[PDB]
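The model below depicts Myosin-7 holding mavacamten.
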Amino acid sequence: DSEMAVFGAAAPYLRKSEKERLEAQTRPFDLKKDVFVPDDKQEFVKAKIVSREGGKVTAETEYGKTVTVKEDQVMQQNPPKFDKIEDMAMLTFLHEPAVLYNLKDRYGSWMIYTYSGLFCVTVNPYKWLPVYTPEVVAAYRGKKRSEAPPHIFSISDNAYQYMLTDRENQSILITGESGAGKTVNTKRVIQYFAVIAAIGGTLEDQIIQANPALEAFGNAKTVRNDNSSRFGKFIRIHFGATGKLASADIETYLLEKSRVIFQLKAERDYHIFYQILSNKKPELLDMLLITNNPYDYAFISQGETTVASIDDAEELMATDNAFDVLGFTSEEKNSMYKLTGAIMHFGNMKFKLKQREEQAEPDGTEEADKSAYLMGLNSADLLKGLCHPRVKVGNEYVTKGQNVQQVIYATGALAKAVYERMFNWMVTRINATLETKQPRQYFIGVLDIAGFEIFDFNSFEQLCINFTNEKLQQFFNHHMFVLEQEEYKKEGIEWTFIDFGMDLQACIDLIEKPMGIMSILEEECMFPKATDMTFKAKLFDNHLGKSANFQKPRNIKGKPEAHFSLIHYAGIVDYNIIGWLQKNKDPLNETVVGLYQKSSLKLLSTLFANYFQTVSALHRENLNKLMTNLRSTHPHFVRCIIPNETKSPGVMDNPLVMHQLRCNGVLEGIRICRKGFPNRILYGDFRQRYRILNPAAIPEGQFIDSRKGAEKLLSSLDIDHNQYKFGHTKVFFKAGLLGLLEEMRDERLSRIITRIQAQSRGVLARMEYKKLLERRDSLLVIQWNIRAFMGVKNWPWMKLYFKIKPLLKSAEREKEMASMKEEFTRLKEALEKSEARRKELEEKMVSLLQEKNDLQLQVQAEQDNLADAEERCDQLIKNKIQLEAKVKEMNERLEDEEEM
Amino acid sequence: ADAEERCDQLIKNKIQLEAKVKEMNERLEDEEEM
Ligand SMILES: Nc1ncnc2c1ncn2[C@@H]1O[C@H](COP(=O)(O)OP(=O)(O)O)[C@@H](O)[C@H]1O
Ligand SMILES: CC(C)n1c(=O)cc(N[C@@H](C)c2ccccc2)[nH]c1=O
Ligand SMILES: [Mg+2]
């Protein structure tokens, strides 16, 4: 149409044309004959029925195959009007393939976005499509979901509208497999709010750049994606009462610290490493005094280090610019690159065993003094601390000699813990900017907390990342199917609860519970005598045959040294248990970190200042905070779908996408959006809002009950009486009635308020153009006085005029009166405003401080109970390991005595 | 809730572990008698 031109050149990638709709109507089609049939290489395919054979069907396919099909495996083609629809809820015949071919015909035309009722499903284009042009964002401004073509920008507008209407916090929950676009879609949602506030900036830019700067440290090319991030992130975007952008808050859950020193074949270390090595800037290369060739540094160099798709010279330029805009000082940016460099050098330190003491001494002293020079330690006390760490025994410290293998492992642990703390500090500095100190009333939380991933080799953070997403999809299950459906029964609607069966809470409890995998790894890593093999024994014993998601591995590809596999929501992920306990505890040589605390490098001290609380437990508590923070928000979900393994753009593999829609439970979200009631409004808020539909049903001044008035008004609309229901405090609408009431409200308002707006445009234009007339008048007296000014200074008499009048009485008295009135007016206003503010604000402050101390006492009660539980568990687990050893020897002794 | 369930499962496991050592030390004494 004429209006779609606002979408510009992106329009062919957003909406099937009207000429295509008429063309579709020209298509030979028959509701009685056009059906889908299932197949191997394509999950579903278009076909035409040729015969009906009782409880059997035969049909022939678009690509010429013929197959016998059963009724439950055959399902209607929707008529050409409905094919490729914008919103899958509007489908006439609802089934999995109509979802697939709505996707495949849209994505076949590079229309990537579709809704599945209330929310969006996105199938990934590896091509950079124009659907994200910043002038396409403006086309979503206020364009409600029933009018707009599907896009992520529609969800962002919907969240901003529900924010302003319900006066409640919102959220946008971007989800999917790895490589689907969660990081880019997050960057687009943030771009949405940034450019929306940009037409109506420091925070606006900072929220966008807060992604790539954290990416370059956070992210590494993996086998599954060239730009897969390795840390969970939760953002809150805070808006003021006037709806403008106010603040933002970046919370990050766990960096994949293990990657810093170890990469499998075909995967990189974190991008910051190679982009500093592969460098356009020699100064970065020599200030680290690192070699330009990546290969000689053992820890980063293993795996694969050059990639088909990344201009690391520019990705370094990009990370540099991201810290420039985020306002990290040059000394901070350089120090964190120095720390990355030192973690590179730290693997190059060579240690040799003494001929008789089995103690590590450095032969490769050049690498150790290079490292110490960067971290601001000394070569000798660094080497002495590493080889001879100090441990406390009573009040005095004792010195222990380290093995060459265990000093290598300790240097790895120092590299990891310096990297991970440097990342969390960088986040804390981002959260220390990103604050324009403006008063806050609403926030919209955008989440990208992991891609699901399978590599051939998965480790501690591949458990963390897959689990952390797992919880976000179970949050989808709970919000759409539990929280939404319970509300209907609570309101007393004649509604029957339907079980969608989509539940995975057993597998989150499998990880999260005090008997889960992460609970085991935290209870085990306290014992200094624990080892990965017994961790494997206890881990298998606690879950095998006790969890539906825990199963023994097959190890068909060999490698059965120590494996387990966990069926996270989107499929298999196999895990390698090797090294996990050291990774969970992350024990640092206390002399070496005490020397770090003592460093000349202000960052390294700040990182280590103020060095039971394992990495598992800290991550866990952050993610539990996440869900508690998120339940106080109104969520919209975004399902990002990967189309194909091989990065082939525009190609769309049906088995991978359909399996993703299966694991994301999107078809159920269609069912519940069509069958259920997508929108409810409080009786007071709606009666007042849309009474405009029939003011004779709700006269002003006269007493009206909101429930009884709502009953009369809706009976007066003459709409199908089955499309609404009455609750105790909320009105209930179907999606057909909601949309019809929404549009009738918009039109009734349009007829009244456009007249009112015409008057408002009248006053706005009149008053502003009057101001332009006043500023014209001031311009006129300016140019007149400038003409007077030239006329005066070229006039020879000016010598009297200029000098005498400052001396004369007018400058003595008129200026005095001007200052007197200025001071008295400012006196009056400043006095009243400051007294008002203080009197109100002191009583508010004391009320909040009292509530702060009450909750503080609550925290004190918590810390008391947790300390009791800690001492109880510590004594129970220490006595278990002692007695368990005693029973092992008792049994072996009795076996010996029976053998006698 | 985490700390209480942790203590509760440690006590239950200790109960079963006590039953284990009860049977073991009994059988060791029986072997010493025989
Ligand atoms: N809608 C899209 N448009 C353009 N490129 C995309 C889109 N979705 C994914 N990609 C590409 O796929 C890769 C992964 O995107 P990303 O947002 O990082 O997802 P993930 O974080 O799951 O890897 C990137 O190279 C990105 O450019
Ligand atoms: C309970 C929940 C699903 N819900 C609703 O059911 C309706 C909401 N808002 C109504 C008031 C609205 C309609 C149209 C534009 C803005 C707001 N919000 C909501 O959050
Ligand atoms: Mg990502």
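Each chain gets a letter, A, B and so on, in the order the sequences are listed, and its residues count up from 1. Each ligand, and each atom within it, is numbered from 1 in the order the structure gives. Only part shown; contacts counted inside that part.
Every copy of mavacamten included, the relevant parts of the model are ligand 2. Heavy-atom contacts below 4.0 Å between mavacamten and other chains occur for A. Within chain A, UniProt domain annotation places most contacts with mavacamten in Myosin motor. The entry gives the source of chain A as Homo sapiens.
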